[PDB]
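The structure to be discussed contains UC-781.
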Amino acid sequence: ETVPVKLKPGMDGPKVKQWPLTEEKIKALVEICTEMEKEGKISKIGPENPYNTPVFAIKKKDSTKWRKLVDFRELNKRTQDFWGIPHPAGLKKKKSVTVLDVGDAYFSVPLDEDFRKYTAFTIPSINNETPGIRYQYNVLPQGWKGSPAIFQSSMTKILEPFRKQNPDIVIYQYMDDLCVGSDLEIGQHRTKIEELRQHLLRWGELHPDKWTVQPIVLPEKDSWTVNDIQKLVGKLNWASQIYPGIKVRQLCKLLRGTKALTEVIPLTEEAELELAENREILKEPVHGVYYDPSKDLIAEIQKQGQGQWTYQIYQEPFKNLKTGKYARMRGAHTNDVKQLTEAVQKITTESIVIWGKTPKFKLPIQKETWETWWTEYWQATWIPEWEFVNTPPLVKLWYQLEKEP
Amino acid sequence: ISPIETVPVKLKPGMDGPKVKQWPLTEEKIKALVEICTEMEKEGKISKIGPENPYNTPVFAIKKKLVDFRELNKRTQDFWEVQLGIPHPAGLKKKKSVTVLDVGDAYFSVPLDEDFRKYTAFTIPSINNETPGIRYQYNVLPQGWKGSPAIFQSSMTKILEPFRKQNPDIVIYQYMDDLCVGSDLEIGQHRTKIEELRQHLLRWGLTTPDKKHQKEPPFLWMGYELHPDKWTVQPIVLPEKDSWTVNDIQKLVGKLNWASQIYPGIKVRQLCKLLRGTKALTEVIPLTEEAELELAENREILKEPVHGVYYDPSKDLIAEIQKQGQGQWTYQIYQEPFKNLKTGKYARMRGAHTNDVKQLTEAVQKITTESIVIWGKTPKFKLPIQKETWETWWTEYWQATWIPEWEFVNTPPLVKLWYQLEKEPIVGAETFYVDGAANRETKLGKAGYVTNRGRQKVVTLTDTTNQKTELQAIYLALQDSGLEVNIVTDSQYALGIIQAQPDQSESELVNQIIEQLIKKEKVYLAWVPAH
Ligand SMILES: CC(C)=CCOc1cc(NC(=S)c2ccoc2C)ccc1Cl
C-alpha cells in the first residue's frame, strides 16, 4: 500500500534543469532506466508534466557499473515533514564505523500515485538531437527524504534481530546510507558487517575516536625579525576575535620604528610573558560553544595549497564545533576539484556521524568550476548544500597554523 | 486526423476560460471566414457549438500574399520545456542522404484533450453585429495555443518509436513542422525508407507534403548551410550606404559581432565609437575615416568561404586556444588539422581583478561546458602555456582551479606570470612603510611613506577615497624605490593582492601598481593591522 505524501503548504514541484552529461554517463543512465522501467519502478511521462529534477551517474568506489544518482535537494526541501531516528550521540564514540548503501530497499514500496509527478527527471540527448527521455517514479526514490521515512518501520523491523544480536554495535540511518559502528577489533568487525549484509540481503573505514579536534600553535624561533613579529601580531590580532584574552600590545611596541623587515628585534620579557600567555589561551578550544539543533550547520573550507586544505564547522561565527585539516589522496595530485569534492564528502560524513544532518558548505571555488566537474568524483548517495566564496587572506594564515603529529 | 491518445491538459491554478468579446468585422471578412470554417468544420478540426459555452477567443481575418489565444494561453497550465536547445553543426554527423518531411498542419492532425476543447471557443461575426454569430471550437491542437508544440512533439515521438525501433541506422530529427530524416543507406534504400516512414505517418493521419513545397539540401541552420558531407558558413553581407543611422550602425555591429566567432580578425572598435553620445536611434552619423576603413577591411574577410566538416566519433577531439589580446581568447575545435568543427572567441571579460592564467581557466571551462553539450565528450587542449607556469601558478592559488587533460603548444603569444611577490622579506632591499588616509566626506587625502634608509615623502590628494590613498601610497613606494623593494602596509586591499597577485584590474590605479610590480625584480608585500 501507499501513504499520502504531500508538499509543504503552498509549495510547487521542482523544475530544476538537467545539466549536460557525458556520453559514457548518458549511455549508462539510458541502460539503467530501461531496466527500472521494465521492472515497473519508473514510467515514461508526458508534456503535461513540467517538474524536473537533475540526474547524473557515479562510480560508487567499486565499479565499472555506474550508479544512478538524483539531486532531490529541491524536492526534499519542498517535501512535507514527518514530525527519522534521534541521533545516537554514542556513534561518534565508536572505534570504527562502516557505511552501507541501502537505497536498494526502496523500490519495494509504491509511491503515492499523486506525488509521482513531482519526481519527474530527464535523460538528456547529446547535441539536443533528441528530446530528453522523461521518466518519473512509481516506487520510492533513492535520495529523497520521504523514502527512508516511509520505509522506517520496515527497516527498523529488519534490524532488531541484528541489533539484539550485538547491542555493542550502533546502527544509524541517513538517507540511503546506514552508518554502522562498534568497538570490536577490525577482523571481528568486518566479519560482523558482512554478517550484517547477509541478513540485510535476504530481503534486498571510519574511526571517530581518532578525530582529535586539534589546537592552534604559534611559531617559536631562536631570533625573530620585524617581519616575523608583524605576521604573528596579525594572526594573533585576528585570533583575538575568538579568544578576547589574547593581547598584542607588548609586541606592537617592539614594532615601533621604521626598521628593516629583515632586522632582528630582541623580545622584551613583557612581550614574552604576553606571548606565553597567548600560547596558553590557544591551548584549548574556547568555552561555551554548544551545538544548537534548531540552527544550520556550517562548513567553510580553505585551500592551503600543496594538496592541503583546512575546514571549520560552526553555527555561530568563531564558535567552531570542530576543526580539521584535509590532505589530498594518492591520485588527486593534479586535480583541485577532485581533492575538494573528496574533502567535502568526508566532512559531510563526519558531520552526519556527529550530528546526523548535512552542513551547508562555503567553498573556495568558482560556481562554474564546481558545477562543471563535481559529479565526476562524487561517490556519496546524498548531496549537501553549498555556496561559493572568497577566502579571507587571514583566515587561511591562521588555520594553516593548526598542529600536526 | 487521428487515433492518437490525447494529452490531459488543464488550466493554470484556479483560473478560468477566456471570455473576450468577438471583434467586429466587415461583410467581406465574415464571408471569408464563413468559408474557411465550414471547411475545418468538415475536416474534423473545428466544431460548431452554441449557447453552452461562456468562453470565447477573438478571431481575425488577414489575407496572406487567425485567432488570438493570448488570453486562453495566459490561463493554460505550464508544460515541460518544448525542446529549447537545438543541434549545432559541429556536433552533427555526416549522412549519405538527408530528407526533410514537412509535417506542417500536423497540428490540426492531433486531437485536443476533449474536456479542454471548450476553452478554445470562438465566434464568427454577423454583417455589422446583427443576429447571433457563428460559434465554433477546436477538436485538435490550435495553431498558436501554448500546449500545442509540446503536445505535438510528444505525439510525433510516440508515433516514431515503432519505426525507430524498426531501423536504428536511421536518424530522425523532430523540429517545428519539419522531420529532418537522414541515413547512411544508398540513395535508393533511403528514398524507399522515406516513403515507408511517410506512409507510417499517413497511417496516423499526418498528410505529409507534396513535391512543390518539398525541401532539400543544403539546409539553413542557425548561421550555416548544411550539406550531408560538410557545411559552409552562409556568406554574410555588409550593406553599403551614403547615410548611416544609429540602428543601422548597431544592427551592423551585431552581425559583425556574430562573425567574430567564425571569422577571425573582424573588428568593430572604430565602428562602436560612432555610438558615443547618440541622441536618437534615427540619428545619422557620418563614418569617420577609420570607421570607413575597418568597415572596408571586414567586407573582405567576410568574402571568404568558410566550409566545415562533421563530427566523427571514431576520431579524437581537439581544442586549441589563443590569447588574442589581454582578456580575449580565440579557440578552434578540430579532429583533423585545419578541418575545424567549430571556432569562436570570448569578449574581453572585464572583471574587477584577475590574471591571465585564471582567465585561461575560464575560457577552458566555458569550452568544456560547450563541448559536453555538443559531443558528450571534452576536447584535449593545446594551450599556449608552459606546464611549469601552470603547476607554479595553480598549485598555490587560493581557489580550486583546474584544467582537463591538456598539452602545451608553443603558439605565441604564450600566457605567463607577469610578476611574483617574493615569498619572504627581501634582505638588503629598502623597506617602505606606507600610509594613505583621506576624509571620506571631504574626499581630501594624503599619501606617503618613510623608509628604514631615512627616505620620506607625502602627497596631498583631493577628490580621492581612502582605498585610493592607501593604494596610492603603495604606488609611490614602487615609484621611488629601486629594483628590489619591501613594502609594509595596513591596507586591506593590499592583502587581496598578496593572495591573488592580479595582473589586470578594474582600477586604473591598481593597474599602475601592477605595471610597477611587473617592473621590479623583487617585491615583498607585507600587511599589518592598523593603530
Ligand atoms: C539538425 C539538422 C539540421 C538536421 C538535418 O541536417 C543534416 C544533419 C546531419 N547529421 C545528423 S546526425 C542528422 C540527420 C538527421 O537528423 C540529424 C540530427 C548531416 C547533414 C545534414 Cl544536411
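Order of the sequence lines fixes the chain letters, A, B, ..., with proteins taken first and strands second; residue numbering starts at 1 for each chain. Both ligands and their constituent atoms are indexed starting at 1 by order of listing. Reckoned from all heavy atoms, side chains included, excluding hydrogens, waters and symmetry mates.
- The main binding partner of UC-781 (ligand 1) here is, in the terms of the PDB entry, HIV-1 RT A-chain.
- Other chains in heavy-atom range of UC-781 (ligand 1) (under 4.0 Å): B.
- Heavy-atom contacts of UC-781 (ligand 1) within 4.0 Å involve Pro87(B), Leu92(B), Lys93(B), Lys95(B), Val98(B), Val171(B), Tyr173(B), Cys180(B), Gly182(B), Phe219(B), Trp221(B), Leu226(B), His227(B), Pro228(B), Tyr310(B).
- The organism reported in the entry as the source of chain B is Hiv-1 m:b_hxb2r.
- The protein non-hydrogen atom at the shortest distance from atom 1 (C) of UC-781 (ligand 1) is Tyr173(B) CD2, 3.4 Å.
- Nearest to atom 10 (N) of UC-781 (ligand 1) among the protein's heavy atoms is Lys93(B) O, 2.6 Å.
- In terms of protein heavy-atom proximity, atom 4 (C) of UC-781 (ligand 1) is closest to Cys180(B) CB, 3.9 Å.
- Atom 3 (C) of UC-781 (ligand 1) has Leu226(B) CD2, 3.5 Å as its closest protein atom, hydrogens excluded (heavy atom only).
- Distance from atom 8 (C) of UC-781 (ligand 1) to its nearest protein heavy atom, with residue and atom name: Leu92(B) CD1, 3.5 Å.
- The name that the PDB entry gives to chain A is HIV-1 RT B-chain.
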